[PDB]
Visitor: 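Here it is: the structure, laid out below.
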Amino acid sequence: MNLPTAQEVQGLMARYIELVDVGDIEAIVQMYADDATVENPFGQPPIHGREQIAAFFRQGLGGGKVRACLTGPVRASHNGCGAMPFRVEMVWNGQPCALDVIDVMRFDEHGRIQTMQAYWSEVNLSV
Amino acid sequence: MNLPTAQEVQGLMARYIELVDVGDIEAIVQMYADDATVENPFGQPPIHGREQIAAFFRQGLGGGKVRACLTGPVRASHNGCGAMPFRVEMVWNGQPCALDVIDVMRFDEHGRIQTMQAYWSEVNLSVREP
Ligand SMILES: C[C@]12CC[C@@H]3c4ccc(O)cc4CC[C@H]3[C@@H]1CCC2=O
Ligand SMILES: C[C@]12CC[C@@H]3c4ccc(O)cc4CC[C@H]3[C@@H]1CCC2=O
Ligand SMILES: [Cl-]
Ligand SMILES: [Cl-]
Ligand SMILES: [Mg+2]
Ligand SMILES: [Mg+2]
Ligand SMILES: [Mg+2]
Ligand SMILES: [Mg+2]
Ligand SMILES: [Mg+2]
Ligand SMILES: [Mg+2]
């Protein structure tokens with residue numbers, strides 16, 4: 001069996017959303033493997049490795065005006081993978097909005113995200 | 001239809017839990033590709049094809065009482081895919097249970113589910129009342 005137990009996958013993925021809810025970049029980017037991949041959104045060309053993932057997050061979060069929170073428990077397999085539902089709250093045209101997302105993560109043998117997919121699209125907006 | 005737009009996804013996946021909830025096995029199994037592949041749970045080998053899928057739904061839904069609902073919105077993409085959060089209420093050896101689940105699905109070029117991964121485990125079970 002290190003590779004997170006279904007249990008631990010729960011605590012980790014939950015820590016990711018808090019980092020994200022605070023905007024700590026640097027901390028987000030360390031939760032990933034050095035060579036990870038992000039598909040955000042799913043359906044698009046991946047990215048790859050921490051340098052590009054720090055940049056993605058710098059462009060997405062860095063300008064503030066983002067909160068996120070789980071909207072139900074993390075789900076977690078026996079192999080290293082979990083899925084979670086969350087909602088991001090931001091600001092469009094100077095007014096609130098939102099975005100409902102599901103991330104799906106696969107942790108390595110060191111408990112670092114290796115992959116991930118972020119399910120969403122424009123239907124998942126609102127006000 | 002053909003490959004389903006993000007909007008069409010949302011409707012197929014929400015129907016699918018309506019069918020699960022009502023327990024119309026036969027109409028569910030038909031929401032799949034005739035050779036679809038179910039990983040339920042994700043981590044355990046798959047199954048495959050409409051006869052083993054059926055068999056799985058009969059085993060899981062055939063006694064009535066299982067209630068399923070969506071606990072938030074279907075998330076949907078642009079490449080024929082979606083993911084959704086829900087909860088399954090079921091009584092297990094005298095007990096009242098619930099299992100929080102997320103299903104990830106891909107559809108086909110024909111509005112049929114080609115693959116389903118279900119994410120879950122005992123950390124998602126609660127012995128509680130619906
Ligand atoms: C960048 C983003 C906020 C941060 C979201 C985010 C953050 C972390 C994550 O694992 C997934 C996602 C999915 C959508 C992202 C939003 C798209 C538009 C926006 O303002
Ligand atoms: C089979 C099952 C009921 C039906 C659930 C179900 C139904 C549809 C679906 O797309 C995913 C799942 C995941 C869990 C399934 C339960 C595990 C124990 C049980 O009795
Ligand atoms: Cl939930
Ligand atoms: Cl949700
Ligand atoms: Mg916070
Ligand atoms: Mg490595
Ligand atoms: Mg908050
Ligand atoms: Mg119903
Ligand atoms: Mg086919
Ligand atoms: Mg109901």
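In the text below, chain A, chain B and the rest are named by the order of the sequence lines, each starting its count at 1. How was it done? The header gives X-ray crystallography, 1.1 Å. Counting convention: from 1, in listed order, for ligands and their atoms alike.
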Visitor: Mind telling me the name of the drug at ligand 2?
Guide: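 PDB records name it estrone.
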Visitor: Which macromolecule in this structure makes the most heavy-atom contacts with estrone (ligand 2), going by the name the PDB entry uses?
Guide: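 The main partner is Steroid Delta-isomerase.
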Visitor: Other chains with a heavy atom closer than 4.0 Å to estrone (ligand 2): which ones?
Guide: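 Other chains, by heavy atom: B.
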Visitor: Could you walk me through which residues contact estrone (ligand 2), taking a 4.0 Å heavy-atom cut-off?
Guide: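 Residues with a heavy atom in range: B:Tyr16, B:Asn40, B:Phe57, B:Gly60, B:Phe86, B:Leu99, B:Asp103, B:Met116, B:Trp120.
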Visitor: Is the closest N or O pair between B:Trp120 and estrone (ligand 2) shorter than 3.5 Å?
Guide: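 No: no nitrogen or oxygen of B:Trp120 is under 3.5 Å from one in estrone (ligand 2).
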Visitor: Any nitrogen or oxygen of B:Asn40, main chain or side chain, under 3.5 Å from a nitrogen or oxygen of estrone (ligand 2)?
Guide: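 No: no nitrogen or oxygen of B:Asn40 is under 3.5 Å from one in estrone (ligand 2).
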Visitor: Measure from atom 14 (C) of estrone (ligand 2) to the protein's non-hydrogen atoms and state whether any distance is below 4.0 Å.
Guide: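 Yes.
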Visitor: Please write down residue, atom name and distance for the protein heavy atom closest to atom 16 (C) of estrone (ligand 2).
Guide: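 Looking at atom 16 (C) of estrone (ligand 2), the protein heavy atom closest to it is B:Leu99 CD2, 4.4 Å.
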Visitor: Among protein heavy atoms, which sits nearest to atom 8 (C) of estrone (ligand 2), and what does the distance come to when rounded to 0.1 Å?
Guide: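 For atom 8 (C) of estrone (ligand 2), the nearest protein heavy atom comes out as B:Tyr16 OH, 3.7 Å.
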Visitor: For atom 7 (C) of estrone (ligand 2), what's the nearest protein heavy atom and its distance?
Guide: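 Its nearest protein heavy-atom neighbour is B:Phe57 CE2, 4.2 Å.
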